[PDB]
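Working notes, structure below.
A note on names: the letters A, B, ... follow the listed sequences, proteins ahead of strands, and every chain is numbered from 1. Counting starts at 1 for both ligands and their atoms, following the listed order. These values consider heavy atoms only, across backbone and side chains, with no hydrogens, waters or symmetry-generated copies.
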Amino acid sequence: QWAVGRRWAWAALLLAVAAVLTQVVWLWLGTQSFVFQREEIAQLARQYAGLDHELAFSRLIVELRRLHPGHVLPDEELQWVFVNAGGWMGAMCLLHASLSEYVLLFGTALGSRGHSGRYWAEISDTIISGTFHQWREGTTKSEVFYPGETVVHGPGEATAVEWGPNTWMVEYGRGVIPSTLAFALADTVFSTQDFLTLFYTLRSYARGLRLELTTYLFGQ
Amino acid sequence: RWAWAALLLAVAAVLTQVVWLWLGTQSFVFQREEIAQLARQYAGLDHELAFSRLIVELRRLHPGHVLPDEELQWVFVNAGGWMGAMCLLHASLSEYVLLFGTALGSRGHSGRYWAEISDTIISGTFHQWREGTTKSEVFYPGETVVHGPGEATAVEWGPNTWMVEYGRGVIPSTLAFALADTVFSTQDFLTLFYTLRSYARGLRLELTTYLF
Amino acid sequence: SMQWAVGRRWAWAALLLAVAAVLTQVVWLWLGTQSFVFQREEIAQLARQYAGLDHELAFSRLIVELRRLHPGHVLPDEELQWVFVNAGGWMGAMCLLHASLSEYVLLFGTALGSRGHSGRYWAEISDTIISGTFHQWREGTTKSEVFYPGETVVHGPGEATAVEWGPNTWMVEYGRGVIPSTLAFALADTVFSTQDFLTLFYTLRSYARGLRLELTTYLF
Ligand SMILES: CC(C)=CCN1CC[C@]2(C)c3cc(O)ccc3C[C@H]1[C@H]2C
Ligand SMILES: CC(C)=CCN1CC[C@]2(C)c3cc(O)ccc3C[C@H]1[C@H]2C
Ligand SMILES: CC(C)=CCN1CC[C@]2(C)c3cc(O)ccc3C[C@H]1[C@H]2C
């Protein structure tokens, strides 16, 4: 037998860790189990667009609790919380939250303009009421969306968003949600100082994570 | 020399007792409905003429508690995403009075400070969207809107909106929300200095009035 | 005799002092021939000729004419990129056509409109409107001015205004002064609001391209 040098063992362990971590991340990605399909949320919320946004939200929540038992928060853990980011302000009520998927009801009663953000997640907004103006990166034109339509904010893409008065939509997102949470709390920390809103957002996220962990370990 | 270390605690307890008693024995210069009616009177006038008449009547009703014309100054306010301007008439650790507004209009956060705010509208519109609600409320010239302590709303001021404002609470707590966007969005340190100087002038006026 | 003869070391030190004085005097003349590539309000007098048309054709023809007029000082079509611009609570987009330490030229605007704070930098900014509206609110007043297609907004050095842009606003912009002071404020929201570091990279790279073009033109 023979020995191996220290700097040689450095590169050897580097290669070993590289192989192990790459194959482990691949085995991780291969076992990803998305609960909601890429277009299920939109194809369901379109069936309620045009109603009273309160009635539409209630019916959508009942339908999502019926179709996916164990992945929608209870009536007690539903709470509207403000959200300030990229210069815009709205309100959200979270229904489903995990490390890859999230579902919520987003909206604003006054309207707002701002920067959508650049993060690693594909997000779908199905308009229940109001208008949605979108300005894509590198254009001089604005695209308007009305109730029924669905806006797909793609990963990497950066758009200027504008919601009109009484705008209300159903949002579903899939990707690296922790990467969204950095942009999520920027205006809360450096503008509004509304730390109770920060706590409410983090508590809703923790409640969604706990519900998903419970349904994973025991479920049904 | 241990007693020398404990004597500071003794004197500090005595000083805190004095401060507590003085905070208990504290009267307020202005009342809510006073400012409300005074502002609703001048609602139908031009906003500049209304401001002038209101400053005149406030100096009449409360001398020594309103700033002089040499220390009156319009200063911008960038906070919670919204932008406006204000002119501070009176300021203390407990109360403040100022004319506020915006000529272009704005939308943004309301703030979560330890103070009750009262905005009486001279011109324009005030849209308020309360926390946990899905509808909005509107206030037209002459009406008064109260922003409670520890409450967060969404505010929207239309074009050419101007109002009178009177707040009562722990005013130093409202200062953290006051300089957030000034440092992290506009970097307008001249306006920051102007705001701090207006607050210092109000404190100086109140001190020299209470002391002579 | 000895009357006209001069020593050598004295002459050496005298020439050193003379060169020192001459250089310290001609360093002042660095402000004597400013030679601004654009004669005061030339950009406004130019852009007022193409403002009536659609904004894209106007932009194209303006870039063509400006490359004709001052060649070598305008970026080529390979380095013309629209970049989002968030600052002072407002959002728009820019396309840089000229960049230097004393002056800059670009095309600015937004499709959705935006309101916010102008900024307190050492610069005289000239925003010449091509399409849309401009609303300016000067400091100390309670009224506002409005500017329509064909006019020019002059943002003075050290001033501070409230800026508003309506829907489909597009203008050209030319500014003199210490541009790094403007750049310090230009990317504050990008750090503390949008957190779009890719846009920060794009804007800094565009400024670097402008500086490189202006450097390799004075040396060639
Ligand atoms: C405007 C678009 C495209 C999506 C809005 N949406 C709203 C909810 C969401 C969870 C969020 C939460 C925050 O606390 C701050 C910002 C944002 C932006 C995203 C989500 C990542
Ligand atoms: C938004 C509402 C309801 C009132 C605004 N008003 C404007 C003036 C004021 C002094 C101020 C100053 C700042 O620099 C930042 C925030 C605020 C909130 C209050 C005052 C405490
Ligand atoms: C608003 C006014 C008066 C001029 C706008 N104009 C737009 C382009 C410009 C380069 C810029 C870039 C930023 O990234 C952020 C802010 C600003 C403000 C100036 C320029 C200095």
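- Located at ligand 3, the drug is listed as (+)-pentazocine.
- Bound to (+)-pentazocine (ligand 3) with the most contacts here is the chain that UniProt lists as Sigma non-opioid intracellular receptor 1.
- Taking 4.0 Å as the heavy-atom limit, the other chains contacting (+)-pentazocine (ligand 3) are C.
- Near (+)-pentazocine (ligand 3) (under 4.0 Å), the structure shows no other ligands or ions.
- In this deposit, the organism assigned to chain C is Homo sapiens.
- At 4.0 Å, heavy atom to atom, the residues around (+)-pentazocine (ligand 3) are C/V85, C/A87, C/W90, C/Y104, C/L106, C/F108, C/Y121, C/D127, C/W165, C/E173, C/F185, C/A186, C/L187.
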